[PDB]
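Entry featuring forskolin.
Heads up: chain A is whatever sequence line comes first, chain B the next one, etc. Following the PDB entry, chain A shows residues 97-197, 217-262, 278-359, 380-552, 566-574, 780-939, 976-1245, kept in their order. Shown for chain B, in order and in the PDB entry numbering: 28-65, 88-390. Numbering of ligands and ligand atoms starts at 1, following listing order. The analysis underlying the following values was restricted to heavy atoms, covering all of them including side chains, and did not include hydrogens, waters or symmetry mates.
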Amino acid sequence: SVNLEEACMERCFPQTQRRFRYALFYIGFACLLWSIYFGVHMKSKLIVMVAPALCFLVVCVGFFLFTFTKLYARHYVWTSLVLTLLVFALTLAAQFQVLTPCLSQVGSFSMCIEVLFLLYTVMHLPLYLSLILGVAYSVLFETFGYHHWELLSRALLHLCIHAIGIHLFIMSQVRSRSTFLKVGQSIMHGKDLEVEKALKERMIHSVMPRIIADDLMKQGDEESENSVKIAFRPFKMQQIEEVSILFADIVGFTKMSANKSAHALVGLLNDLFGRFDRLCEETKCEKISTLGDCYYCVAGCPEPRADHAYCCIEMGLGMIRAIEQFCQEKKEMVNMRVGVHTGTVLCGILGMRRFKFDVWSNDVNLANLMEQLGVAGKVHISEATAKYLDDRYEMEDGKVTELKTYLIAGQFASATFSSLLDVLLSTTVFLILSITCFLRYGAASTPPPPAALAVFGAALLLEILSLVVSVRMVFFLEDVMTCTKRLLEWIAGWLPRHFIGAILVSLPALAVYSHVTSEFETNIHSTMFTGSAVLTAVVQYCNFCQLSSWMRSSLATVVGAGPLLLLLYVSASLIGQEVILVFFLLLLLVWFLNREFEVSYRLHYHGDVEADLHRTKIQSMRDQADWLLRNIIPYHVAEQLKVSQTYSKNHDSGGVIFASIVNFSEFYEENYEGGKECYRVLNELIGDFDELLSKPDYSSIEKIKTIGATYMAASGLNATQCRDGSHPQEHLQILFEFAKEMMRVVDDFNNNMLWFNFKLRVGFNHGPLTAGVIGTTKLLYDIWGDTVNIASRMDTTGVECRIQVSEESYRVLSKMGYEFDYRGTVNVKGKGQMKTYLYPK
Amino acid sequence: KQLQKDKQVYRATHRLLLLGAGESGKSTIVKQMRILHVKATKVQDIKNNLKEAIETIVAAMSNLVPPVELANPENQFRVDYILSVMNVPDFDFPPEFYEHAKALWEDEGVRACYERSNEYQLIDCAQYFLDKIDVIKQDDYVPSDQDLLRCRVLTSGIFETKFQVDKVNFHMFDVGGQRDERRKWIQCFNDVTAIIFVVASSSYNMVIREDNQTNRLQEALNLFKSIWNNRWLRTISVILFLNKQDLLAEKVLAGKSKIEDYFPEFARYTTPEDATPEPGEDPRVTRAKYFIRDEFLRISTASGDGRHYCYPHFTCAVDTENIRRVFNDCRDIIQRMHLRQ
Ligand SMILES: CNc1ccccc1C(=O)O[C@H]1[C@@H](O)[C@H](n2cnc3c(=O)[nH]c(N)nc32)O[C@@H]1COP(=O)(O)OP(=O)(O)OP(=O)(O)O
Ligand SMILES: Nc1nc2c(ncn2[C@@H]2O[C@H](COP(=O)(O)OP(=O)(O)OP(O)(O)=S)[C@@H](O)[C@H]2O)c(=O)[nH]1
Ligand SMILES: C=C[C@@]1(C)CC(=O)[C@]2(O)[C@@]3(C)[C@@H](O)CCC(C)(C)[C@@H]3[C@H](O)[C@H](OC(C)=O)[C@@]2(C)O1
Ligand SMILES: [Mg+2]
Ligand SMILES: [Mn+2]
Ligand SMILES: [Mn+2]
């Protein structure tokens, strides 16, 4: 724009300073060659020449001193203006003392060439300024030449050399733009990539422990990088011995959370959960998951600890301090049971949707029943606990109320797009080149040889075929046929770039050798004119800045150096030192210069490639990280939480089902190395249920979490819009249709299974519910309500292979067109009796 | 670290899953491996093969509704002896018991019943056994390697072996083939190298011990169909063994049992012309083995999609040279599939 492009050249200051300093080196090189030509050869009659070049030299080293100064920031382009005005006074002052007999078109014109392109390359003037300075210097310099036959060709030289000059100018600073832009976006997307890498790192470290995370941190197996985007799916489980298990839960949880406004229960429940998280992080713990009212931890399955069980039981005494100190904070009438067992556990992660690091063993279930066999105030600890437990506590009988258990209480500017301009511009300037080569004849009407017209013919036909081929290759007509572009650029690789570039470069020198064969000094005006002609047209060769420096500069040296020296030697008396000395500064000039431009072009391509790669890596980082955010938490709770910290949401009517695999216990048998092949089967099944939800119409269902072998999902949350085509009970009905669907899916799963069947039972309820978020840096989205307890106690007691319906669901689904039958009225805790209906008939 | 070298030697091994129908000879093949390329229970379980055998025949005589009575009924105290020890897990094997099974083996209802024990459930290696028990009343001479290979043992539960053949790693599983054990077969579906399948040849007039109602051969066809179309088995080629060649050969020499009277696919069947014979060969034997070969290969025609193949070879459990030859060919083919991907 304005300010940032200004700061660009504020930091592109030292390199323009650098090339400008060696332009000053070229200026002292120029005063050096004036010093030798007026030093050894001739003009030993007046020594007027040497002093402005000598003060021009103390301008050179003196402004090399002045390059370092600090009154210089708003001065250095104006310092170039001072420099080129001393140039102008030097050449315009030293030109005129002629017309006595000797100095020809070649001398003063060569001066003007070196001055003009030393200006238009490096001196870093603006558009307007270098423009009118070059043009004004041209016209007053050529009328210094004078004091309608050949002067017309002089003006053709001047206007063509201006047009190629402004061409070089505009391409120079547009590369100066685009290089800076690519580098700037390259320095934004790298640090954005690093910060969002830290955000993804937070999402990994909010769901899982450190070990499997650090396997995901360095692509150690690319099965996981292939698992971000047939035989068996991969999943991590390790079967580890000598760990311990702590379960804790509130007794009598039925009525105690009645009058909560769904934030007060969040307040005390998440307050006690915050104190839980405090004592876990202070007591070196492995917390797992909140199962409604039950909270639980284990003892060091990544890190097997030396006094691990003591950490577990004194940790649970920490939970005794939690219930006494937070209860007598709030002055409640509540309590909690604790059951702790030492044993072996196979741990890991199943599933591929909403998954979570969980644990599995019958030792875990032993802890579950010790909570079921629990009692308040003291920790319920097994045989395998107390068999090695240092006896430093108060051990008591955990006896039956009706298995050997104790209690403890305490103690623009594109590449071929620019090649359009250097070729097309190169052939319009070639047009006025050969036009000027012939219509110098105003005292004649035709060039003598016909081979000149042959070079005109094949030259203009080759440049026009390159013209039409390139321009219809670019501007995308696609009317007749484009396969000849593919089949002819199919052989035009990076080396035919060199070669056809050498063709279009090398032919205009033969076109100024349209006047080369026979006589050219009957009039010497033809001779001096054709010398000035070929030294004019030789400057053309830089326009392909996109080929190499030794190659184009050497080829340019060949075609621009052969017949000049060689045609000086056949015979007009003394011109050689000055004419081919200025050929020498011409040649080192063109070598150094196009060398510089092709290096600049290569650096532009570099600075585009690297920014492209970093852009790709931040694209992959956003897909993987936001894929985890779409994994762990739901969508509009990400809309509420995404820019904030809290969440609590009432809900009034919603549907919820349980699914219960029955016979997984009898299928379990663990005579093998952990038996975890059976968990590979189970994980293939749960993964198939994961694939059931990726339908677009069945993207309206939200899976809650996995609970052992009990599956869980709900709906009535995705309709966050008051749409005009959304039925108030549609997700209920289609959720039932999905329930019969997944009945058919488990039927097909036992169809692949051999000689065996898995049974299951499902239970339904609609009603009001509670949307909530629990954790702090280790989170979980969860729902609550009496409704989930109703469907919970339903499908807990439900008969297999059938669909379990509530009486109110019986009231609604028939009028959505479904047949049922009355089963009875089964006892429901909290409800007394509740009237039961079933779907299969 | 050492995860990469251990995981690469984990790649470089040769795990062999050995499924197959019930009591086929899979454990016999594993015994053949430990005789080729590798201490008191043998007396026990061989003599319990003896006991369960002789009481299964002697009890099973009156169970045959074609009335099979004793041609020598004068050993009724030996009959009642076998009815006395009929259900007892403990026995001391006196020489008098050897006189009991000896003198039973002198009777011809035992021998024609051995010609007809396929009519019910009974072992198929007792003609070895009663001759050996005629010799091995004492066992001061330790019984041989053929004695090891005839030793019937019920097989269930995953047993593993890691033996090496000329810088070739062997870790393989014997798996049971009874119906209730079939819930355990997916335990070894974890990406094993090769799957080798074995069916007893003579099981075209016998039934399984589950129902005693349907032929073991059609049981084998059902099993091959149930594995052959799975969504977990499509990436492993199967090498198909057909064990118990010679028992089928002596039932051909019997000429009493016909598959075509049971399975009339064999009735209008003709012999295959792409054969590769055996020396001194009855063409009905050839049409038999090529018939059953075409029966399983006909099921292999129905699928595969060039993914999982079917390689029918042949073997019997009494040849060292056959296990040598076709198992070296197995090593060649599992070298190809071991470097398939
Ligand atoms: C009015 N209903 C509620 C309002 C707000 C928060 C919770 C409830 C509620 O109904 O809580 C019940 C379960 O939904 C809720 N709930 C408990 N575990 C789960 C669980 O694991 N999953 C789900 N979806 N809900 C659960 O706990 C309570 C019953 O726990 P249990 O039947 O497992 O026996 P307990 O754990 O010993 O409690 P108690 O016998 O001492 O009374
Ligand atoms: N004559 C003869 N007997 C055989 C042959 N193959 C196996 N047997 C006998 O059959 C008996 C049962 O074989 P066995 O190895 O136990 O079958 P299995 O398949 O491994 O047993 P399971 O896993 O199905 S329960 C063995 O005692 C063996 O001696 C054979 O080819 N010829
Ligand atoms: C699902 C497999 C198996 C055998 C493994 C297991 O240890 C359990 O998942 C635990 C203890 C275990 O997963 C901890 C969570 C939870 C839910 C409390 C389980 C149930 O009690 C399961 O029993 C029920 C009721 O499904 C149970 C016992 O089932
Ligand atoms: Mg076996
Ligand atoms: Mn409770
Ligand atoms: Mn609970």
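The ligands or chains attributed to forskolin are ligand 3. The largest share of close contacts with forskolin comes from the chain named in the PDB entry as Adenylate cyclase 9. Other chains with one or more heavy atoms under 4.0 Å from any atom of forskolin: A.
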